[PDB]
**Student:** 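This is the structure, below, for whatever I ask next.
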Amino acid sequence: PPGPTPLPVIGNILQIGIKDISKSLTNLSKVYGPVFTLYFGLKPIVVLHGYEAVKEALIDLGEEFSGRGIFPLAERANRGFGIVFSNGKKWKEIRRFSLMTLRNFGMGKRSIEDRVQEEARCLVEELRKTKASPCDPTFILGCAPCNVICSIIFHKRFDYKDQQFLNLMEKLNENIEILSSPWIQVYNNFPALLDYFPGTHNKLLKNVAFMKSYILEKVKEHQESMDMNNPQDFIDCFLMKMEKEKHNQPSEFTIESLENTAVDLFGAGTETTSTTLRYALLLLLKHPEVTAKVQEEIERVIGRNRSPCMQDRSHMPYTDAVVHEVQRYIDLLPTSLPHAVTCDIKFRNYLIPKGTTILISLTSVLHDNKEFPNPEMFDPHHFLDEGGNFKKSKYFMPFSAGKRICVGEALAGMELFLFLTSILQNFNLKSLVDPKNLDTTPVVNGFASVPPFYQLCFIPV
Ligand code: HEC
Ligand SMILES: CC(=O)C[C@@H](c1ccccc1)c1c(O)c2ccccc2oc1=O
């Protein structure tokens, strides 16, 4: 498994960096091929680059590449396994369960779509409160996704002002700010620095503990008020799954793992959806041509009366294309989340030892040159055939693919569509600075992409 020969202790840091480490991977693939080795300090990593190599690993050899890889910082900042950081039987079981409860009608009488439709109405309520004045959408947009998860786990969304909510929001946001500081990377290359400067990770652990104890409060309220026969949320389902397991036992389902699975969902379900929404509005501000066509579809398919629903997406190929294009263009998780091989595998004549960390280049699939002609540009036609119909692609991998594919793929797509169509149905977007002037190019800091700062006005139609 070829790759640049590492220096004594610093590894390949001089070539990949700490900056846009995704750009370096693409450049490195031009010289070492689709399957190459990289060193983050002493740790050996295998990077998979093209669609062919990603498909082959994630799908063809799905089981073998279903392990979750964990870097030094993440390892020290995590106490307890839920779904995101889990491996083996613990992962397999908790994930299967979560996917089951996350079905549209997998948690009682009320559907996920319904909880998302209520939030969309509320999102609009809040944007109306801005009275069409210059606004930084970062906050409002972040509240909606967090609240959807709150609704799924507690059965009750919160008013955007409830203190419980703001505390939860604050911790989630604090953790992001920390994980998004460049220098975090120094820890991944030099794990010993964790012992010397523990401030970072002690803080993440603290924040997680705050959230766990807060969720514990909730599960305790749920253990009291629980009507087995009538589950209403993720907790109710978890609690009653524990009862199905009371007789088998040692068991993967515990209050501990419930707390861990709950925070994982808040963490994995908030930030990325939030950032995508913010990035979508920026792009819509930049391309009013595009926004006008999306509004044409809204006006014709959905009234201005009723609220959007998922049934409408099929009759809204342009909007669907715009949303797909937003995710494809922004490349939020350029290297997904680290994977690890489940066993000693032979891959494309290479030989990768059990436990080896695997980095999946989502960028390289999302920005494939043949599939998406001018990949670096925002163009909804990337998902439209000659007739204005939705043109799907197997290269559309923003949620990754295979056994570890985003558990919230359905939920996220539901939020993006309903929130965005709801916003554009009730408001027109006005930029203060003017379009031709603002830049939409992603800013990257470590292993996550984000948009630049901007403001806009939500003008009622
Ligand atoms: C349930 C709420 C939820 C929402 C909403 C959500 N995710 Fe996830 N996502 C998860 C969970 C849970 C995992 C962990 C999956 C695992 O480790 O098995 C995950 C994992 C991922 C991964 C890991 C891929 C890999 O190969 O392991 C990527 C990439 C990802 N999500 C992208 C996204 C994007 C992009 C969005 C939205 C724009 C999004 N997610 C929204 C829950 C969510
Ligand atoms: C936060 C970190 O120190 C590194 C981070 C990461 C993300 C993408 C590609 C490489 C490294 C990381 C995670 O976000 C992560 C998330 C869930 C489970 C395990 C993880 O391990 C990581 O290293």
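Using the PDB entry numbers, chain A covers 30-490, in order. Excluded from the calculations below are hydrogen atoms, water molecules and symmetry mates; all remaining heavy atoms, backbone and side chain alike, are included. Whatever order the structure lists them in is the order used to number ligands and atoms, beginning at 1.
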**Student:** Which partner chain accounts for the most atom contacts with ligand 2, named as in the PDB entry?
**Tutor:**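 It is bound most extensively to cytochrome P450 2C9.
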**Student:** So what's the drug over at ligand 2?
**Tutor:**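 Recorded as S-warfarin.
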**Student:** Touching S-warfarin at all, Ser365? Heavy atoms, strictly under 4.0 Å?
**Tutor:**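 Within the 4.0 Å threshold, so yes.
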**Student:** Pull out every atom of S-warfarin sitting under 4.0 Å from any heavy atom of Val113, numbered as shown with elements.
**Tutor:**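 Listed by number with element: 17 (C), 18 (C).
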**Student:** Would you mind running through S-warfarin and noting each atom that sits below 4.0 Å from a heavy atom of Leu208?
**Tutor:**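 Near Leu208, meaning under 4.0 Å from one of its heavy atoms, S-warfarin has 1 (C).
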**Student:** Check the entry and give the organism for chain A.
**Tutor:**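 Per the PDB, it's Homo sapiens.
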**Student:** Would you mind listing which atoms of S-warfarin come within a distance below 4.0 Å of any non-hydrogen atom of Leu366?
**Tutor:**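 Under 4.0 Å from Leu366, S-warfarin has these atoms: 16 (C), 17 (C).
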**Student:** Can you tell me the protein heavy atom closest to atom 19 (C) of S-warfarin and the distance?
**Tutor:**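 Ranking protein heavy atoms by distance from atom 19 (C) of S-warfarin, first comes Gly98 O, 3.4 Å.
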**Student:** Which atoms of S-warfarin have any heavy atom of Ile99 under 4.0 Å away?
**Tutor:**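 With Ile99 as reference, the close atoms of S-warfarin come out as 21 (O).
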**Student:** List the residues forming the binding site of S-warfarin, heavy atoms under 4.0 Å.
**Tutor:**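 Heavy-atom neighbours of S-warfarin: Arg97, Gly98, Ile99, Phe100, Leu102, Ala103, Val113, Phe114, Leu208, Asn217, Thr364, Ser365, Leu366, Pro367, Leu388, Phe476.
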